[PDB]
Engineer: 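Notebook entry - examining structure containing entecavir triphosphate.
Numbered from 1 within each chain, the chains take letters A, B, ... in sequence-line order. Recorded method for this deposit: X-ray crystallography, 2.6 Å. Numbering of ligands and ligand atoms starts at 1, following listing order.
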Amino acid sequence: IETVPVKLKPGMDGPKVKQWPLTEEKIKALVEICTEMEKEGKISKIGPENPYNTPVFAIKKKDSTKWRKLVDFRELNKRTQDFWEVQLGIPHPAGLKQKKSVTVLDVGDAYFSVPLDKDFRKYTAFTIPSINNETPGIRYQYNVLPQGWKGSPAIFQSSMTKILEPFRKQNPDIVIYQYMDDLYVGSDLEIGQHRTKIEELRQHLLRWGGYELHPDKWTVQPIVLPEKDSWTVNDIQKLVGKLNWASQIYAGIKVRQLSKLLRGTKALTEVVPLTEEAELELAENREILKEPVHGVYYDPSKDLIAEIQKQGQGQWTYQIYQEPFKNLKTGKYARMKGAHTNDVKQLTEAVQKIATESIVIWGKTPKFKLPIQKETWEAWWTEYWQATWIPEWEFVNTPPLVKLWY
Amino acid sequence: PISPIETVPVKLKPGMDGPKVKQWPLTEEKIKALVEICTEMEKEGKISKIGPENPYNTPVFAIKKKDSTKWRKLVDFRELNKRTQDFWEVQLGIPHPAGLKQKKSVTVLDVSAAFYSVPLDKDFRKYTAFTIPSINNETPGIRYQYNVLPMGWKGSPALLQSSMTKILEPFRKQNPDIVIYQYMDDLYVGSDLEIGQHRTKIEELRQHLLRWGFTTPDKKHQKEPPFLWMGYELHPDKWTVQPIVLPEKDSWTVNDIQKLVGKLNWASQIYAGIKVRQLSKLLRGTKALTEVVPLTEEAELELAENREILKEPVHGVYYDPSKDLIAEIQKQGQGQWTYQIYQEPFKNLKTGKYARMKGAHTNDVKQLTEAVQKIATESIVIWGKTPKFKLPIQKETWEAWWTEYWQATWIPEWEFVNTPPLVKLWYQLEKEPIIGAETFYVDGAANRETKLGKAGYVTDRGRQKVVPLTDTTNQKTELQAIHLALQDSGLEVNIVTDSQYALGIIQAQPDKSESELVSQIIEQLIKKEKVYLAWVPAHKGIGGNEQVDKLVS
DNA sequence: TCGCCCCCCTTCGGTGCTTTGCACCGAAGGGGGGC
Ligand SMILES: C=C1[C@H](COP(=O)(O)OP(=O)(O)OP(=O)(O)O)[C@@H](O)C[C@@H]1n1cnc2c(=O)nc(N)[nH]c21
Ligand SMILES: [Mg+2]
């Protein structure tokens with residue numbers, strides 16, 4: 001084969017990101033994986049005269065107990081040329097979110113049969129560390145389409161359509177969406193008749209080279225106001241500040257007549273009887289909260305953002321938007337490990353589920369705003385990561401003023 | 001001899017040419033020592049004469065060696081380094097003796113003149129051009145270039161490491177049960193072979209290094225304990241640091257104090273309880289390294305405490321993979337922590353300390369979480385796993401923290417251990433307002449241009465107060481308003497502010513702060529019995545908040 | 001009058017916020033130690 005010419009974006013240099021420490025089991029796994037890859041010519045040993053580097057680590061899944069090597073090419077992807085500017089990018093199908101059940105398959109290995117442009121390989125270097133720094137790091141670069149590089153699905157694009165044709169041929173209403181190294185494959189078949197055709201796809205994929213998702217239950221959780229029939233000054237203050245915030249999202253919500261029920265310098269536990277003009281305002285704004293907002297539409301030229309709040313008892317609320325206060329989706333993720341004693345696990349799993357939903361719904365992951373200290377996240381997240389992709393994220397520290405989403 | 005290893009190609013940064021800088025004066029002893037190496041270097045092909053077509057130049061010097069007889073040559077390549085391509089450094093960290101296992105037979109070897117046995121890219125040599133001056137000006141200099149890795153060049157350490165790795169790998173794969181710690185040219189070689197076969201393996205390794213041009217002189221071939229290694233001393237059953245000598249001085253400069261704190265930090269890996277908070281405070285707000293700084297009374301005490309700790313003999317032990325690692329932390333005060341890592345009681349693998357202040361406002365529970373994180377990372381680096389923790393915090397306390405704090409947080413498997421002072425929450429905010437307690441509506445405003453402001457309150461019991469403030473900010477006046485309400489209320493209070501800022505700081509339950517004003521608020525929160533803290537949006541005419549807002553106006 | 005790596009402590013400067021200072025963060029200064 002002859003390679004495709006690839007470029008970084010104008011004025012950008014390749015990645016230069018330090019390797020972080022790894023446990024014994026992950027270092028041994030990487031050493032086993034890479035030496036086999038080196039023997040098959042998929043990677044090459046390089047030295048320190050290549051000035052580029054990207055962190056590497058490994059994950060092992062809940063029901064495939066072999067290690068998967070994972071290279072965090074987030075920085076490399078950010079600097080790589082667009083492939084819709086070369087228009088070899090993949091289109092997202094609006095059918096996938098409508099399906100009964102969607103199974104994720106890791107088809108990363110198909111990339112290893114296509115060589116990478118000789119002049120772009122240096123940008124793909126990574127370094128395996130050493131327990132107790134017994135040796136210097138050991139460095140490799142790829143000779144083929146790397147797992148995790150955004151250009152690999154685009155270059156391999158024309159070929160996956162060829163390998164897929166007979167399947168989508170024979171099953172015209174199964175929908176298959178490539179995202180990075182993953183195939184998202186949905187159908188309306190019964191819970192276990194769907195599974196067997198997933199096995200059929202595996203065999204056709206094998207002839208050359210997670211769990212079941214249910215999009216119907218991805219219930220949206222809207223803003224809700226409490227129901228009491230005794231209401232204190234404090235109850236009405238917390239309700240007025242909550243709707244005042246929601247006035248930035250919705251239209252025609254007002255507070256001045258719930259607002260004057262508290263006129264005067266009152267005690268926070270005094271019980272204010274509700275005006276009929278207050279019940280006028282309240283049952284009114286309840287129903288605006290009841291249905292979605294009008295005028296919010298997805299725009300593919302802009303990025304997706306996701307915000308998460310810890311609510312406790314293992315509940316986690318989230319919003320996905322592109323423009324502030326124009327949420328494309330609000331929701332609530334629920335823990336289920338059973339021990340229910342680990343916030344970092346719950347949050348890491350919530351990020352995977354939210355990002356999964358974005359791929360199914362819009363075709364790409366959002367940039368997360370994570371309610372956690374950077375260094376707490378960094379100490380523990382990889383122990384819980386199970387996806388072959390990694391989303392962009394930043395770290396935020398905003399206390400709740402309102403418990404808007406609860 | 002020079003290795004027949006292939007050279008690693010090296011480039012200048014794009015656009016740049018090589019250095020062109022004239023040479024300076026050195027002493028007579030320096031010229032003779034340098035000429036002996038220079039004439040010998042040319043004899044062994046380390047350098048070659050050049051002349052005037054080569055337009056580049058760089059200046060040269062020498063420095064004394066810990067082996068007192070020898071002299072070490074260095075050329076000042078600061079300019080060439082600036083123009084040389086970036087390298088990805090492969091030395092990721094420093095091996096630690098607590099990460100060694102017990103070994104039956106141990107050897108330590110050193111490669112002599114290691115840089116000078118690794119050849120340099122042919123096309124790159126012309127940029128290493130230099131001149132040797134002999135005295136002041138009897139002659140000008142003769143010109144040489146390097147055929148090998150020069151000392152002082154940005155790329156030399158990495159091309160030595162890469163070269164050493166290539167030469168060692170055959171021997172490593174052929175003897176998987178021989179530990180080789182490779183740091184620069186220093187080789188630690190341990191094994192569970194009887195001394196007879198062990199020494200067969202060593203000479204076999206040494207003869208492999210010599211074929212590739214790395215000689216190992218007997219002078220630096222250690223074969224009996226105690227081995228000198230990486231600044232430590234390795235015995236069969238234990239290890240020590242080489243002696244740490246602290247400055248003792250009548251009058252201290254900033255630079256002196258900086259050297260002392262560095263020594264103490266080095267000592268902390270094996271001496272438990274070391275503290276540097278009061279000595280480092282003296283470095284703050286200073287302006288010259290030669291400025292004399294008098295020790296405060298607190299810094300004298302802390303110094304004396306450390307000096308008592310250092311007069312005691314200490315040792316670490318080696319790692320037993322068949323046992324768990326255990327990490328215990330104690331609290332020392334003013335944001336300082338110390339820790340020990342061990343496998344059997346009273347037999348420390350190592351110690352250390354954590355004492356960073358992260359943020360302007362924090363509490364002991366956050367900092368304890370940070371110390372845990374530092375220890376977890378350190379254990380991964382040295383042993384490849386995290387330890388089990390023994391922590392002076394009750395499960396009730398931690399559980400109160402991660403349910404009332406809004407950020408995700410965690411600590412791994414840990415056992416409570418009762419070593420006061422315990423880590424505590426110093427107050428908790430009520431989740432509901434308090435019946436019978438007074439209700440304060442607080443607010444403060446400042447004028448951004450003016451820098452003048454007021455803080456005040458109104459209450460459900462009919463109380464009011466306005467205080468003028470000078471040289472303040474918007475955020476300070478809000479903090480001040482909360483200060484006043486805590487000051488004039490009883491042991492139980494309900495407070496309503498319109499400052500998301502102030503609510504945000506206080507809801508995180510801080511117990512220390514870089515701000516004297518926030519610290520004052522903290523002491524008042526600790527003295528209260530119950531406090532409920534509520535927010536409302538400003539300027540929406542809300543009962544209470546609107547009355548005070550107007551009062552502050 | 002040198003190079004490369006790790007660590008700590010202090011300082012400084014850039015970024016972003018429904019900001020007008022404030023809090024965060026990384027880099028660069030000093031020190032320790034290694035070869
Ligand atoms: C680690 C190093 C090798 C092994 O250091 P080394 O102690 O084993 O010295 P070397 O093998 O050369 O001589 P020896 O083993 O015969 O005694 C040396 O090549 C050079 C390098 N190094 C050490 N210190 C310095 C220094 O300050 N400035 C520079 N630029 N480089 C230095
Ligand atoms: Mg040597």
Engineer: Which components of the model belong to entecavir triphosphate?
Structural biologist: ligand 1
Engineer: From the contacts in this model, which chain binds entecavir triphosphate most extensively, according to the PDB entry?
Structural biologist: HIV-1 RT p66 subunit
Engineer: Can you give me the letters of other chains with a heavy atom under 4.0 Å from entecavir triphosphate?
Structural biologist: B, C
Engineer: Listed by chain and number, which residues of other chains have a heavy atom closer than 4.0 Å to any atom of entecavir triphosphate?
Structural biologist: B/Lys65, B/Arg72, B/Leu74, B/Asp110, B/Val111, B/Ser112, B/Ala113, B/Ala114, B/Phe115, B/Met151, B/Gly152, B/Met184, B/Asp185, B/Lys220, C/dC2, C/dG3, C/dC35
Engineer: Please list, in number order, the atoms of entecavir triphosphate under 4.0 Å from a heavy atom of B/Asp110.
Structural biologist: 8 (O)
Engineer: If you count the atoms of entecavir triphosphate from 1 in the order shown, which ones are under 4.0 Å from a heavy atom of B/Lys65?
Structural biologist: 13 (O), 14 (P), 16 (O), 17 (O)
Engineer: Return yes or no for this condition: an N or O of B/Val111 is under 3.5 Å from an N or O of entecavir triphosphate.
Structural biologist: yes
Engineer: Atom 22 (N) of entecavir triphosphate: which protein heavy atom is closest, and how many Å away?
Structural biologist: B/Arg72 NH1, 4.2 Å
Engineer: Could you list the atoms of entecavir triphosphate found under 4.0 angstrom from a heavy atom of B/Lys220?
Structural biologist: 14 (P), 15 (O), 17 (O)
Engineer: For B/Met184, is at least one N or O under 3.5 Å away from an N or O on entecavir triphosphate?
Structural biologist: no
Engineer: Could you tell me, atom by atom, which parts of entecavir triphosphate come under 4.0 Å of a heavy atom of B/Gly152?
Structural biologist: 30 (N)
Engineer: Looking only at protein heavy atoms, identify the closest one to atom 29 (C) of entecavir triphosphate and say how far it is in Å.
Structural biologist: B/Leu74 CD2, 4.0 Å
Engineer: What name appears alongside DNA chain C in the PDB?
Structural biologist: DNA/RNA (38-MER)
Engineer: Atom 19 (O) of entecavir triphosphate: which protein heavy atom is closest, and how many Å away?
Structural biologist: B/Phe115 N, 3.5 Å
Engineer: What protein heavy atom lies closest to atom 8 (O) of entecavir triphosphate? Include the residue and the distance to one decimal.
Structural biologist: B/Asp185 OD2, 2.3 Å
Engineer: What is the nearest protein non-hydrogen atom to atom 10 (P) of entecavir triphosphate, stated with its residue, atom name and distance?
Structural biologist: B/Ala113 N, 3.6 Å
